[PDB]
Undergrad: 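We have in hand a structure of Aldo-keto reductase family 1 member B10 carrying fidarestat.
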Amino acid sequence: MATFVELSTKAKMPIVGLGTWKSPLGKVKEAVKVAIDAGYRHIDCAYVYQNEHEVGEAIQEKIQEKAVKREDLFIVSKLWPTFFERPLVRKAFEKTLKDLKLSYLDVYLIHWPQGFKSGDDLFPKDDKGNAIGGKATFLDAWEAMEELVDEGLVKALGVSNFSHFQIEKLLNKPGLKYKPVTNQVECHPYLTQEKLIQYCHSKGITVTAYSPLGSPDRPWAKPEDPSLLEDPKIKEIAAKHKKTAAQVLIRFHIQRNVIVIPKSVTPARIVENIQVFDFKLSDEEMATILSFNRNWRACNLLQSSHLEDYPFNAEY
Ligand SMILES: NC(=O)c1ccc[n+]([C@@H]2O[C@H](COP(=O)([O-])OP(=O)(O)OC[C@H]3O[C@@H](n4cnc5c(N)ncnc54)[C@H](OP(=O)(O)O)[C@@H]3O)[C@@H](O)[C@H]2O)c1
Ligand SMILES: NC(=O)[C@@H]1C[C@]2(NC(=O)NC2=O)c2cc(F)ccc2O1
Ligand SMILES: [Cl-]
């Protein structure tokens, strides 16, 4: 019901998907079922979210119950930066694929460009609190991920939280086999990503907007932080369309041809968040919303700001 953004592979990626970060065990399975019933086909997952097995249970049940076919679903997961060494890329992917109970993934993303030390910890740190970097780089990881496409286990690869310099470094890699089909980055009216979107699109790379509602449930949210859902100017535009602020925040991306993945575990909101194909923001409304840019990020992975490929030191 969601319309599509065409990838460079000619595959069609549904323009609205369901986000699953912070969706707890015991709720995410029902959230995915409700989403599929409401017409969602794209689900955004990750190893680090530690809930992929319940997403997998939901998908498996909906398929068997004949509510949906696998070919019509678009499932994305991500390789966490502690798994950049070749044997670990395969191990991590295999765990993700097993948890999701799938025979293939539609897109597999590098979750962050900066590599972390391999071992048992997901966030390895020294005795100061800083993140310990890894031995392998995202270029090393990419080479192992390409093997997954060669073998038919993943349809396409992509990146997440990459700056244009990092995409350039990937596109320029000697022996490159597969180009990224998307860059999944934070995007919303307070972080409009104009230059990065322009860059990605110029290279035939789509953009997937994460935290489009401003991630109000992020653990580190502070009272004084900007709040998109409460922005009276967003609400003003919404009320005009008899829509919610959330629906305007989602529709904003659709009209820039940017894929968007709002997260909810509340059935009414899951349904609400995909009722976004029955109205249209005017050119004036789009320009007003675009003017709200504050260069504000909900997600910074601050503790990894000192690593070589920390992505947010670049302008874009
Ligand atoms: N690649 C990356 O590094 C990265 C980083 C961040 C996020 N992501 C992906 O992007 C997804 C979305 O981002 P996010 O989870 O950070 O935050 P988000 O989608 O911007 O916001 C989620 C929050 O908004 C609430 N909400 C959802 N729909 C609502 C509605 N219609 N009205 C009012 N409140 C609503 C949710 O509450 P309830 O759930 O309680 O309903 C939840 O607290 C993630 O789940 C993840 O899949 C990726
Ligand atoms: N601090 C950050 O920017 C990231 C954001 C992030 N959410 C996300 O979907 N991808 C992320 O890497 C995240 C997810 C986690 F499971 C744990 C921490 C965490 O922090
Ligand atoms: Cl991950």
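All residue numbers in this chain count up from 1 along the given sequence. Recorded method for this deposit: X-ray crystallography, 1.6 Å. Counting convention: from 1, in listed order, for ligands and their atoms alike.
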Undergrad: Give the place of fidarestat in the structure, all copies included.
TA: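 Check ligand 2.
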Undergrad: Looking only at heavy atoms, is any part of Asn300 under 4.0 Å from fidarestat, and if so is it the side chain, the backbone, or both, or is it neither?
TA: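 The backbone, only.
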Undergrad: Tell me which UniProt NADP(+)-binding residues of chain A have a non-hydrogen atom under 4.0 Å from fidarestat.
TA: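 Of the UniProt NADP(+) binders, heavy-atom contact within 4.0 Å holds for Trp21.
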Undergrad: Classify the contact between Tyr47 and fidarestat as side chain, backbone, both or neither, using a heavy-atom distance cut-off of under 4.0 Å.
TA: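 The answer is neither; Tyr47 stays 4.0 Å or more away.
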Undergrad: Counting only heavy atoms, which portion of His111 has something under 4.0 Å from fidarestat: side chain, backbone, both, or neither?
TA: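 The answer is the side chain of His111.
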Undergrad: Identify which residue UniProt marks as active site in chain A lies closest to fidarestat, and report the least heavy-atom distance rounded to 1 Å.
TA: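 Nearest UniProt active-site residue and heavy-atom distance: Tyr49, 2 Å.
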Undergrad: What part of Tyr210 sits under 4.0 Å from fidarestat if we count only heavy atoms: the side chain, the backbone, both or neither?
TA: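 Neither; no heavy atom under 4.0 Å.
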Undergrad: Do any UniProt substrate-binding residues in chain A place a non-hydrogen atom less than 4.0 Å from fidarestat, and if so, which?
TA: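 From UniProt's list, the heavy-atom cut-off leaves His111.
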Undergrad: Fidarestat versus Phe312, non-hydrogen atoms closer than 4.0 Å: side chain, backbone, both, neither?
TA: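 Answer for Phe312: neither.
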Undergrad: Identify, by atom number and element, the atoms of fidarestat in contact range of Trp220, meaning under 4.0 Å from any of its heavy atoms.
TA: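 Counting atoms of fidarestat from 1, those under 4.0 Å from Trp220 are 1 (N), 2 (C), 20 (O).
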Undergrad: Under 4.0 Å, heavy atom to atom, what does fidarestat touch in the other chains?
TA: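 Heavy atoms under 4.0 Å: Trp21, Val48, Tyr49, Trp80, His111, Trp112, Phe123, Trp220, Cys299, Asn300, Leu301.
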Undergrad: May I have every N or O pair linking fidarestat to the protein at under 3.5 Å, one per line with atom names and distance?
TA:
from	atom 1	to	atom 2	distance (Å)
fidarestat	3 (O)	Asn300	N	3.4
fidarestat	3 (O)	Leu301	N	3.1
fidarestat	9 (O)	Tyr49	OH	2.4
fidarestat	10 (N)	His111	NE2	2.8
fidarestat	12 (O)	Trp112	NE1	2.6

